[PDB]
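Residue numbering in chain A adheres to the PDB entry, whereby the residues present occupy positions 543-555, 561-686, 747-813, 815-914 in order. Indexing begins at 1, ligand by ligand and atom by atom, following the structure's order.
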Amino acid sequence: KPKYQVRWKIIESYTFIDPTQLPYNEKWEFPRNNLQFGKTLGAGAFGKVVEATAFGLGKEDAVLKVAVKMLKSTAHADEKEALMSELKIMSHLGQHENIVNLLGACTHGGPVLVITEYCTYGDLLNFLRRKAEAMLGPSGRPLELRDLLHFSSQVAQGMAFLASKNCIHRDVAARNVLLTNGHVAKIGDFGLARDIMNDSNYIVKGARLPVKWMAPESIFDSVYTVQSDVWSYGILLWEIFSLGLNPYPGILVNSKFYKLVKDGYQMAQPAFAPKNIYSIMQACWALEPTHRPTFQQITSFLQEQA
Ligand SMILES: Cc1cc2cc(Oc3ccnc(Nc4cccc(CS(=O)(=O)NCCN(C)C)c4)n3)ccc2[nH]1
């Protein structure tokens, strides 16, 4: 039996902020009657994300497509509190080009609605898989290596922003990266729109955990830091440069798997990774967390390669 819990954490000193104690800045408030909902984009056991037209949003009074996060009508008070905490974290962090940004919220007069940017091309994992199939078909445009480097660089920039705000993501993976206009990548947390209870990428342990993405110190000691996010980012790189294979393909998560990772087992070079991109992956998988690259080092390196 899983609970709906706040994914991201903010470091205080590791001491973490209690997000329930953060303030909600009413500058974000938007009238719920000024949303016209469209299709549901995804739904899980606790809520869903629905596209909508927002009328008069922002300083320019834009009329635009947005995405709206919401809980099920039957949500417990504990879950409504978690959605508010997620809202407060987004307001605390500020905006960046390579994250899925907060645009507004509806907190009065009904259930809490969190309004974010809408990303026209959906998640990166499905995008890469569908593009791979489109490219094999002949036997819109095809992917090239520079596209993969751009996606990778853009995610690293968004993560460098989060790290600069002392924010830990804890579920870095291609399924949590979206592509927007111009195929620009943005990192976010879309667990609410994901069917996690029936998702083979989350393993029951202790909690449903994305074990194949997790650093050994997270698996064994439940330690989460920016450096454990860097490990997960290395797994994301492997996803990108394999065009969306599952990590550790074909390997069952069991005691042997946990031991192998703790002892230094690493995936082999993906089919489309240049040697030095695989070397970055290996660097992200250093067993000593402080030996891993920073997101700024990753960003600068990948920007150069692109
Ligand atoms: C794996 C997954 C991540 C995820 C994130 C979600 O929250 C968000 C948040 C912001 N944006 C979007 N944009 C968005 C999400 C899913 C589908 C689409 C439309 S599409 O499939 O890429 N192209 C349209 C296809 N049809 C019209 C032909 C956009 N999802 C919503 C559902 C999600 N599913």
- Item | ligand 1: drug | sulfatinib
- Query: If you rank chains by how many heavy-atom contacts each makes with sulfatinib, which has the most, and what name does the PDB entry give it?
  - Reply: Macrophage colony-stimulating factor 1 receptor
- Item | Residue part near sulfatinib, for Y665, under 4.0 Å between non-hydrogen atoms | both
- Query: Which sulfatinib atoms are under 4.0 Å away from a heavy-atom of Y668?
  - Reply: 22 (O)
- Query: Taking heavy atoms and a distance under 4.0 Å, where does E664 meet sulfatinib: side chain, backbone, both or neither?
  - Reply: backbone
- Query: Which UniProt active-site residue of chain A has the minimal heavy-atom contact distance to sulfatinib, and what is that distance to one Å?
  - Reply: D778, 10 Å
- Contact bool for atom 28 (C) of sulfatinib (protein heavy atom, d < 4.0 Å): no
- May I ask whether atom 19 (C) of sulfatinib is less than 4.0 Å from at least one protein heavy atom? yes
- Compute the shortest N/O to N/O distance between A614 and sulfatinib and return yes if it is under 3.5 Å, no if not. no
- Is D670 touching sulfatinib with its side chain, its backbone, both, or neither, if touching means heavy atoms under 4.0 Å apart? side chain
- Task: Quick one: look at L785 and sulfatinib, take heavy-atom pairs under 4.0 Å, and tell me if it's side chain, backbone, both or neither.
- Result: side chain
- Query: Which UniProt domain of chain A gets most of the contacts from sulfatinib?
  - Reply: Protein kinase
- Query: Under 4.0 angstrom from atom 22 (O) of sulfatinib, is there any protein heavy atom?
  - Reply: yes
- Item | Within-cut-off N or O pair, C666 and sulfatinib, under 3.5 Å | yes
- Which residues overlap between the UniProt ATP-binding set of chain A and the residues with a heavy atom under 4.0 Å from sulfatinib? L588, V596
- What source organism does the PDB entry list for chain A? Homo sapiens
- Short check: is a protein heavy atom less than 4.0 Å from atom 7 (O) of sulfatinib? yes
- Message: So, at a heavy-atom cut-off of 4.0 Å, what does the binding site of sulfatinib look like in terms of residues?
- Response: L588, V596, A614, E664, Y665, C666, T667, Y668, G669, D670, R782, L785, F797, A800
